[PDB]
Each structure stands twice: as C-alpha cells, then as structure tokens.
Peer 1: 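In this model we see Taxol (bound form) bound to Tubulin beta chain.
Chains get letters A, B, ... in whatever order the sequence lines come in. Residue numbering for chain A follows the PDB entry; the residues present correspond to positions 1-36, 48-437, in that order. Here the PDB entry sets the residue numbers for chain B, with the shown residues being 1-44, 47-360, 369-436 in order. Since chain C takes its numbers from the PDB entry, the residues it shows come out as 24-38, 47-125, 128-152, 157-249, 254-373. Atom set for the values below is all heavy atoms of this structure, side chains included, hydrogens, waters and symmetry mates excluded. Counting convention: from 1, in listed order, for ligands and their atoms alike.
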Amino acid sequence: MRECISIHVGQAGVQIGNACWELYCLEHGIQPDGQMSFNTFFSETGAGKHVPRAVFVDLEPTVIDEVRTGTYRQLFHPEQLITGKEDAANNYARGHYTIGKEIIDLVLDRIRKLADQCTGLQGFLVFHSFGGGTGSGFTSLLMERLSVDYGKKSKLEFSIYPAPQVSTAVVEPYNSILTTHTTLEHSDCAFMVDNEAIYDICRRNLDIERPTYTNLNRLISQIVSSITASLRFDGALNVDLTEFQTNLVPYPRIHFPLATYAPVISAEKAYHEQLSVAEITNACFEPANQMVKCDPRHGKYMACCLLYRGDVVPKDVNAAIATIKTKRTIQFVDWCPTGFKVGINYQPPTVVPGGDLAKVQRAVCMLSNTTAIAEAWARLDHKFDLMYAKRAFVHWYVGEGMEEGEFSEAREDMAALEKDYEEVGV
Amino acid sequence: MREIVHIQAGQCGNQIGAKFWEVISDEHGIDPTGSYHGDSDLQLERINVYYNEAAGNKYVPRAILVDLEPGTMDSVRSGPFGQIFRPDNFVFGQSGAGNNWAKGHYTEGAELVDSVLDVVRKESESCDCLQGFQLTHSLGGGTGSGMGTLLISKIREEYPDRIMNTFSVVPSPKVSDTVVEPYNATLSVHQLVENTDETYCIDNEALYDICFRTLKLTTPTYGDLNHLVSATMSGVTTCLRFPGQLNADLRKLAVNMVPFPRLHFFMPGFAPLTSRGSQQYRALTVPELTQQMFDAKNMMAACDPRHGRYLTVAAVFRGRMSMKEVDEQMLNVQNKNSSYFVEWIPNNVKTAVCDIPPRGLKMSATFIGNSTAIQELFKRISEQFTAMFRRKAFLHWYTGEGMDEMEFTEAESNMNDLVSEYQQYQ
Amino acid sequence: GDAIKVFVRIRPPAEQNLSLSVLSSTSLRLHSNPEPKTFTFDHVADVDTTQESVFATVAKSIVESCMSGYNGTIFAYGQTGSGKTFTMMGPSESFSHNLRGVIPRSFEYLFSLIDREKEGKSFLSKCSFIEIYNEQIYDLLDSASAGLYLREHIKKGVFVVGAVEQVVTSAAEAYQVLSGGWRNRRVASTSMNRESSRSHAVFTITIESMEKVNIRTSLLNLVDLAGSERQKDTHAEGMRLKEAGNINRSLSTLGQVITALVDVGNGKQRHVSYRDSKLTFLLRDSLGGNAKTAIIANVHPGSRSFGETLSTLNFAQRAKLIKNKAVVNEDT
Ligand SMILES: */O=C(/[N][C]([C]([O])C(=O)O[C]1[C][C@@]2([O])[C](OC(=O)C3=[C][C]=[C][C]=[C]3)[C]3[C@]4(OC([C])=O)[C]O[C]4[C][C]([O])[C@@]3([C])C(=O)[C](OC([C])=O)C(=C1[C])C2([C])[C])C1=[C][C]=[C][C]=[C]1)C1=[C][C]=[C][C]=[C]1
Ligand SMILES: Nc1nc2c(ncn2[C@@H]2O[C@H](COP(=O)(O)OP(=O)(O)OP(=O)(O)O)[C@@H](O)[C@H]2O)c(=O)[nH]1
Ligand SMILES: Nc1ncnc2c1ncn2[C@@H]1O[C@H](COP(=O)(O)OP(=O)(O)NP(=O)(O)O)[C@@H](O)[C@H]1O
Ligand SMILES: Nc1nc2c(ncn2[C@@H]2O[C@H](COP(=O)(O)OP(=O)(O)O)[C@@H](O)[C@H]2O)c(=O)[nH]1
Ligand SMILES: [Mg+2]
Ligand SMILES: [Mg+2]
C-alpha cells in the first residue's frame, strides 16, 4: 500500500511529533503499548504491538530522554530514538558541518531499513524549525542526503517560521536564511506556521488566556492529521502527497504554503453556532484565522487546496467556493483561474482529551501559496542585513567551517525569490 | 553528557563555592553524607553534570579546591558540607599570597599549579563528555587574581574547544576593600578578556543594596551574599541538568550573549527578591518576575543600566508558565523601553525555560545582561589604577617578582580598548 | 599618509572559460554577469609573469626603503591554492632555482645592497621565523620552543617573546635559516591543495645600521598567510578542519581590521580590533601604522573560483584605501 515515514528533528519538531503520534493513536485505536490504510504510519510486529514508522533525532539527549520515560515510550522501538553528545547550540555550522557529519549516516541507514518495509513508499515527513540549531542545518543535510538517495520520492517539511515581531533566539535570522539556501533546492513542498498567529487564534477564537506549547503543538498535529487522512482513510475526492506537489508548486522554487484549520472553537462557542460548510470555508479565508503573520489581501493566492473532513457534501463545498470567488476582496492571480483542489474524507477529526478543541462534524485544512507572504521574506532579509552590517554573533559560525560570501549568496538568492514573487503577482 | 569541572581559587572563590555546592546538593537531594534522599527521578537524571558516584550510593562533586594558605580550606572542611569533598581534591600551599598577583601567577602559584592540573586531567578523563569549566575567584586579591588567571590559561591551552566560565567578584569603587585592588583587578582582567568565554561580574556593593532595599536585611552576612551568587550560578546551568519547554545549553547561552569575542562580561540578576513580610502583598506572575528582573535594584553589578544600553539579555525562567505570556510580556518591555535596547539586534532578548522550580517557589527567574553601561566599571578601575601607577606606588612588591612596566602599560591599553569598543557599540 | 600598495597576481590554471581577463598592467576584467565589475590596483600580473618580475614590481622598492630605515611588510593574501606560498617562498623542490619566490630574492638583494653600502657604517641583521597555527605561535627556528606569546613594545613593535633571533651575515646564512624554518612551517593535504599551508608564516628580518652615531632600525615582515577555505572543496575534516576554522577566523578578523580602517581613514569613528587575532596584532603597524606595506593578492582564474576570487579582489580593493604613516626609525 501507499505508506509513509516520519522524521522529527530538533527539540521543537520532537515535541510536535509527540502530540502527532498521540493523535494518531487516538484515531486508529492504538494504545500506549501498540495494542488494539492504518499502515501508512504503523507497521505491525509479530503480534500485538504496532511500531510507528518514525525516526526521532536530537543532539540534546534531554528531549528524547523525556520521551523514553513518558507514557508514550514502549510504543516506540529504541532503534528509532537516536541521541547525540553535545547539542547544536543554535548554530547552523554545528548542525550541518561539525556534529552533523558524524551521526547523519546512522539516521540514513535507519531510514533505508524502514523503507525496506514499505512496498509503496509514498514519501517522508520532516518536522523541524527555521530557528533551532539542530533544525536549521542538520535538517538541510538530511534533506540533501535523501535527495542523493531517492530523488523521485515525495518530501515534506513542516517549518516553524520566525515570527516577524516576536523572537526567541538571537541568531534566528541567520539560521533561517542558511536553511533557505540549502533546503530550497531539494524539498518540493514545505508547510509553514508561526507561533504568534497560533497564539492570536487561541486568544480570540478559543478564549484561552494562557498560550503554551502543548496546546499549540496539538493544533499543528490536527493540521498534520487533516493533511494525511486522505492517505490514512476513505473518501470521495481523495488526495496523495504527490498531488500536493503537482497542485501547489507552480514554479519549482516557489513552494511555501501557509496552513489553517477551522473550526477553532471551544466548548461553549460550539453551541450558539450551527457550523455550516460555507461558514467554515469563510472562516478559513479570514485574515486573522491564518496561521502566519501575513495579510492575504496584500497579494494574490496562486494555488489553494482545501481538505474537508467528516459529514460533508460536495455540492455545498462547490457553492461555498463559488461564493468565495464572487467576493471581490479576496484576490486571485490573473493567469490561474482554476486555483482550488477539493479533498473530502468521511472520517471526522477526533480531538485529544484534556485539550483545546471540541467536537466538530465538519472541518477544513487550507493550504495556500501567495504573493503576500513575500513581505515576511523581505522582513527577514532586512533583519539579516541589520545584524550582518555589524557582523555580530559571527564568531560562533566562523569557527565551525564557514565563509563570508556564503551569506551574500544567500541574500542574493532571497532577493531573486522576492523578484520571482513580484513577477508572479504582476 | 555535558559534564562540568568546578574550580575554586582564593579565599572568596572558595567560600562562595562552598555555598554553591551546598545549594546544589540541596537542589539534587544530596545530603552532607553524600547520600541521595530525594523524591523525584528528575533529581538524579543528570546528576552527572556536577557529581561523580562512588560505591555505596556516594556522590562526590567534581570540584577542586585551591589555595596558597591552608586556613580557608581547613574552615571549609570543618563546615557542614565540607566532608562531602574527596580529600585528594584539596590542593594547597602554606606560603601566603600577600594580595599579590605576582605571587599567585609567577612564583608561589607556579609551584602548585602542576599538581592542580593533574587533578583537573583526572576529572576530565572521568567525564563521559566534558562540557566546560566553572571557576570562582575574586579579582582584587593574589590567589584568585594571579593563581586563577594562571590556571585558566593552562586549562584553555589543554582544552581549547571547551567552555570556560567564571564567577568573579570585582571591586566596588565607592568602597575599596584592599589597597592594591586596582593592580590585582587590571592584571587579572588583562588575561580574562583573552582566556574566558563568559565572566559573571559581581560587586558586593550591589549585593548590599539588594539586601537592604528588597530583602529588608539590616545585617547582611557574607553567607547571605554568597547565597545570592549561588542562586544565580544554579540558575545559569539549570537547563543542562533538567528538562524544559525551550532549553538552554551553556554554549548556546554564550551563543546568544556574545556578539563580539571580547564582550563577555555579564551582569547577573535574580527574581523573586522580597522580604519575609513583603511577599503577601504580591502574587507571582511572569510579568511581576520580569519587572523585578529589569529593576536596577535587582542588578548584581555596579551600574545603572539606563547609563547605557543592553546589547543582549538572556532570561532563564523556572516553573510552569505560558510561553506566549512570557514572549508577549518581553515584547511589551522591548516596545516601552526601546531606547535601552541596541537596535542592531531584532528580538533583543533570549528566553529559556526549565520545567522545574527551585524548592519552595512556584516560579523563579535568572537574568543575564550584557550592557554598554558596564564600561563605567572598567573606567573607574582604570582611573584608580592609573593614578597610583603615575606615582609608581606600591610597585616594588611586583617588580621584585620580575614584572615590568611594559606589561602594566599593556594591561591599561587593553582596558582602554575594551571601553572604546563599548563606546563604539553604544 | 601614503596608501598601501596592492598587487594582484594571477596564477596559471593547471593544464576553459577563465572568468578573469587582464585589461592592462593597471586593470583587470572579471566576467560576472549580467553586469560587469572592473578593478584597478597598483599592478596586475597575469599567468605568465615570472618570479623575478614579481620581485621587481613588488619587493625591490620595499627592500630599498628598509635600507633607508623604514619598516616594511609584504604579505600574500588569497584563497587556498592561489599561489601565496609559491609567490613568497617558491616551489619547494621543483626548475627549482629560478622559481624561488620573493623571500629568497629579498635576502639576496638586501645583502648585496649592504655589501655595497660598506664601501664607518655598520650593519646588524637578525632573523626570526614563526608560524601562527590555530591562534598559537610556534617557533620555526626551534622545534623545542613552547609558550610563545605576543607583546607590545615602546619600539611600537609587537613581537613574539622568546622567539629565536638568528644573526646572519650573508644571504647564504639567511638561506639556511629559511630552509630549516620552511621545513618547520606546518603543511597538510586538502583536496584543494596537497601542499596547503595550515599556518600563517611570518619571516622577519631586523636590519640595523650604525653610521658612526646615528642608528637606523628597520623591521621587514615577509608574511605568507594561509588561505580561506571552503570545507566542501577542501574536504578538510578532523584536525585539517580545525586548522581551516582557525585560518578562516583569523582571516575574517584581518578583513574586519581592513574594513574598519577604511571607515576611520575617511572621517568616521571605528575601532580596529587588532587584538582579535594574533595575526592582526602582529600586523598592526603594517595596517595603518608605521610601515610601508605591500599586499600581493593571489587569485586563480577559472570559473570555479569565481566567488572566492571576487572576495579576494574586494578585500584587496578596500586594502588599497588604507593609508599608513611610515617614518624613518632613527636614533642619534
Ligand atoms: O537558597 C536556597 N534555596 C533556594 C530556594 O530553593 C529556596 O528554598 O529559597 C527560599 C529562601 C528564603 O530564605 C528567601 O531567601 C532569602 O531570604 C535569602 C537569603 C540569603 C540569600 C538569598 C536569599 C526567599 C528569597 O530567596 C530565594 C533564594 O528564594 C529572597 O527573595 C526570594 C523570595 C522568596 O519568597 C523568599 C523571600 C521566601 O520568603 C521564601 O519563603 C517562603 C515561605 O516561600 C524562601 C525561599 C523560597 C525563604 C525564606 C526560605 C534556591 C534558589 C536558587 C537555586 C537553588 C536554590 C537555599 C538552599 C539550601 C539551604 C538554604 C537556602
Ligand atoms: N511549536 C513549537 N515550537 C517550538 C517549541 N520549542 C521551540 N520552538 C521553536 O523552535 C525555535 C527554536 O528551535 P529549537 O527546536 O528549540 O532548537 P533545536 O532544534 O532543539 O536546536 P538546538 O536546541 O540549538 O540544538 C523557535 O522558533 C521556537 O519558537 C515547541 O515546543 N513547540
Ligand atoms: N605562478 C605559479 N606558477 C606555477 N605554479 C604555481 C603558481 N602559483 C602556484 N602554483 C602551484 O600551486 C601549488 C601551490 O598552491 P600554493 O601556491 O602553495 O597555494 P597556497 O596559496 O599556499 N594554498 P594555501 O596554503 O591553502 O592558502 C604549488 O605546488 C605551486 O607550484
Ligand atoms: N562574596 C564574598 N566576597 C569576598 C569574601 N571574601 C573576600 N571577598 C572579596 O574578595 C576580594 C578580596 O580578595 P580575596 O579573595 O580575599 O584575596 P585572596 O584570598 O588572596 O584571593 C574583596 O573584594 C572582598 O570583598 C567572601 O567570603 N564572600
Ligand atoms: Mg534543542
Ligand atoms: Mg600556503
């Protein structure tokens, strides 16, 4: 069958992956042990157990040590959980050059072994961060190696974008740009969020006053589940990972979707509300409900995909899409009139006990490429320029094999990308 | 992994370090007999970072006690936690140091240093993966200044790829404690600039001010001042020894706090800091803690931060709290006081989080500031030194041990260069 | 003051779009597209240029100025395998004799001039040869040496404390010190260069003359720098990679110093971080200080080296802007 592989790299990605695997277990009916198209994400043992078709990497042991003592522990087979010695230290030049070129081979061999289980190896999932030290260079290296090996196979990146205003690390800007330099010419599709938007959504739609990492990760997990379920479950108008590549990559370099998931509704607000299909579609297209700091009015949607779940009717969805097209504010690109893919699954989303969300019969995941995101790119390049002008926090990077012209080349590439986006918009 | 070697040199360094060990032992559930009597598995998970285990569940600090006279270390032994140390880790002479950098660095310290180095080497060989070295010393004496500088140089020569951090008690210009203090301090700093990755700069004046204003302490004991320092030190390395939402390595902290190789002199701070009586008028929010951390009264270096700007700030929070609440609060602080944050660095701060409070608190935080304002401290020492040098005062004690005017001039030139660099990045 | 002298030397590719063209002795064409960039220095020598030609254009003047009491520095800067060592020292057992580089030729020229000057003036010449390996100093004149460090002086000289100073009466005697030391300087094999220099070599000749009494003292620094290296091309790993990290770092601070000086040379405020690296500290006088400095920038033509060649030229162009204030170092 069509079957996949999961990779979670860097602390953030590992955390996300925990939540994702919990969600999967709750959906398909798997215990903490492994007891009971389910095989896209769970290979069977001799009996009883099921093994997550997964890989877990971090150079910090403390992250995966936590995994190894939690409830979700003996679900995993210790072949997968790999650990390093000294962490990446928010330094691309340690994740790619120094400590990366040491344990990457082991991870590759594990991946190969796991593939030798897949008859129909459909592709991969990579979870990381444009902002961690591990997730910025090591991820890139892994992608490169996978390209060298397979090439034809499907590859996805779930990329936690640097939030324009809020930021977390001191050298988030350099790391992200270096990742862009290397990943851009390998990974055919990247699905991106930032934390600021998620926080906003929690405040407004869910009325949550305390924004924390667990609930945020759960939201991302739900999106991941929605993206997958086309492979994991039945439904009229189904979807493949390769179909995303075909649908959401007009030009081979431009491949940076946004994401969004509606409904984002609490226990109370589910009542005093009907939740119709058209309503949900409208909510998905709302400026604020978008999972990144990017006004969709400041550009044009090139290519859009919408993955409806549960009790849904095609005609209703079509009507909703027609209504959206009628709206003159939500602009589209002149040269692509057919900018929608419809995905419908009879499985409705199931939410994890002790979490943010309530039951909803009908939900959507919306994945969109736009000229409007270019503003975020420009902001990032401006940040990079501002701190590269002083050349501050550079003595970390130079020591682990680097060059000054690399940065310039990366900035040139970013400029070219911006120019391409502008051309597309025109 | 990532185990740390601890060194105490000179009287002040040794007494501070005793308290530091006492604090950390309590933190990790280690009683004065070297036995573990804690209640959590998290307490032992990473005990390797500071301790070695012996037969019979005995735990032993990987700590070295160095002194050129016996009395201080004898008092340490007599003390409560003194019997936890392995006796062969006491390295000491009998000939006094006379508050003389020359005696510590050139003559009496040179006689003892090789024996110290051999113990250092054994500890390094006993490490699964050496992270770095932590030193405690005064700046204004002979042992901490001369001997400590010597020791650091030799260790960086032996372990040039490892982290070298010092907690260094510095002079307070309004209340000098020794007559040759400027000489000792300038000679020490001349080598600390080159051979350390980070130095946490404490002056006793600031500690006294903290004790009087916030703790409502009419009568501070040196023990209480040492407790304050110890709390800072513990906080710095919490994320090496424990889990977290977003984690901090020592190297990563350097990674976020050092824009230029030389500028690694930090002002530490702590929160909460109140009396036993002025606590019930308060509640414990992330906002409250941040307010307290950025209060000048909660700084442990001798400067008004408003007499300069923060180049970079690292905050390490302990306890369960919303990441978004934290980030939002720090963004508000940046917005409202943007003039005190150098504009080269978007996201002026780094945040780290440790999912574990220190005993008897729900929440705590440690603050690490790198400010252009600290140039004033260097100025004051340079002027004090310079006046005495103009008259060649006290000089025969040092020239008699082979030191030369040119070396002193070099030290002054280094100091002036430091202040000039801070001026440049004002 | 007097601007530093910058020369660009184009090494021949091994036995073919060049991406580099020689406009004239004064100018070069690089082939970047779509839009061109032109660079002009003091002199550019193409691939055919002989070792003797290089000596005449760059070094002969500095030797003469050294005789007159000025301090003088010549250092080769460029990407790995660009020709720095070949230019400064020469082949290492190749053709060998005519191939010898600037350092041996300078010995020969200097001693001939002093012999000529003899016909109550006297000369005293001492030599030192040291390498900067991983921001550490090693004495090439004695392998036993350890614990070498840099020290500032009233003579404004930054010197290596405890370095062997060998008195040399003739060019031949100097050649022995050079040959022994050259063997000493650390070299390793990378994909880019089998003979790659892993350290920065500093050969120093102290020339003191007494006209009896007036005392003239000149420091002649002949520096063969290590080259910037991309790990992907060099395939440096392990100790080779550690050396590359140090080489790139010290070269980065050299660039930082050169840029800062440009800012200061124009009405501006900047700090030069001379003491960021041992190299920049030792070279402090050579860069903006009391010395006549000539920089030979070595470039490889060839499209593969396009980016690195760009970097070297950009650095050299900035260097040309730096003005030094050189005076005769005299005593009466
Ligand atoms: O320092 C030790 N341990 C701490 C904590 O784990 C802890 O339990 O702290 C106590 C400390 C007490 O004494 C207060 O602090 C002091 O008065 C003090 C004296 C000398 C130097 C520094 C502090 C405490 C206070 O300090 C600390 C460190 O928490 C001072 O401002 C804070 C705010 C606290 O709220 C206050 C005022 C308290 O009143 C609190 O009491 C109650 C009832 O909550 C106390 C603590 C929380 C206190 C009165 C008992 C530690 C910090 C960082 C790293 C590791 C440990 C320590 C360890 C062993 C033995 C003795 C002390
Ligand atoms: N959603 C989410 N994002 C996180 C989490 N932890 C960190 N991030 C984001 O990830 C970035 C920091 O990267 P990390 O993943 O923590 O770093 P790392 O990959 O572990 O690399 P090193 O720690 O440097 O070895 C920032 O943009 C954070 O906002 C988390 O638990 N959830
Ligand atoms: N002008 C030249 N004519 C002939 N051979 C040359 C020339 N320049 C360099 N080479 C050859 O190229 C090889 C040397 O590279 P070299 O010139 O030693 O590089 P380098 O700049 O010292 N490399 P690195 O030490 O890594 O910075 C030698 O064996 C030289 O003979
Ligand atoms: N916090 C603290 N500071 C001290 C202590 N003892 C001395 N100092 C400070 O250390 C400096 C004197 O150096 P000292 O260590 O006594 O000289 P040494 O014994 O030769 O190293 C002065 O600034 C003192 O205020 C102590 O027990 N605790
Ligand atoms: Mg991490
Ligand atoms: Mg060479």
Peer 1: Where in this structure can Taxol (bound form) be found, counting every copy?
Peer 2: ligand 1
Peer 1: Which other chains get a heavy atom nearer than 4.0 Å to Taxol (bound form)?
Peer 2: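 By letter, the heavy-atom neighbours are B.
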Peer 1: Look up the source organism of chain B in the entry.
Peer 2: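 The entry gives Sus scrofa.
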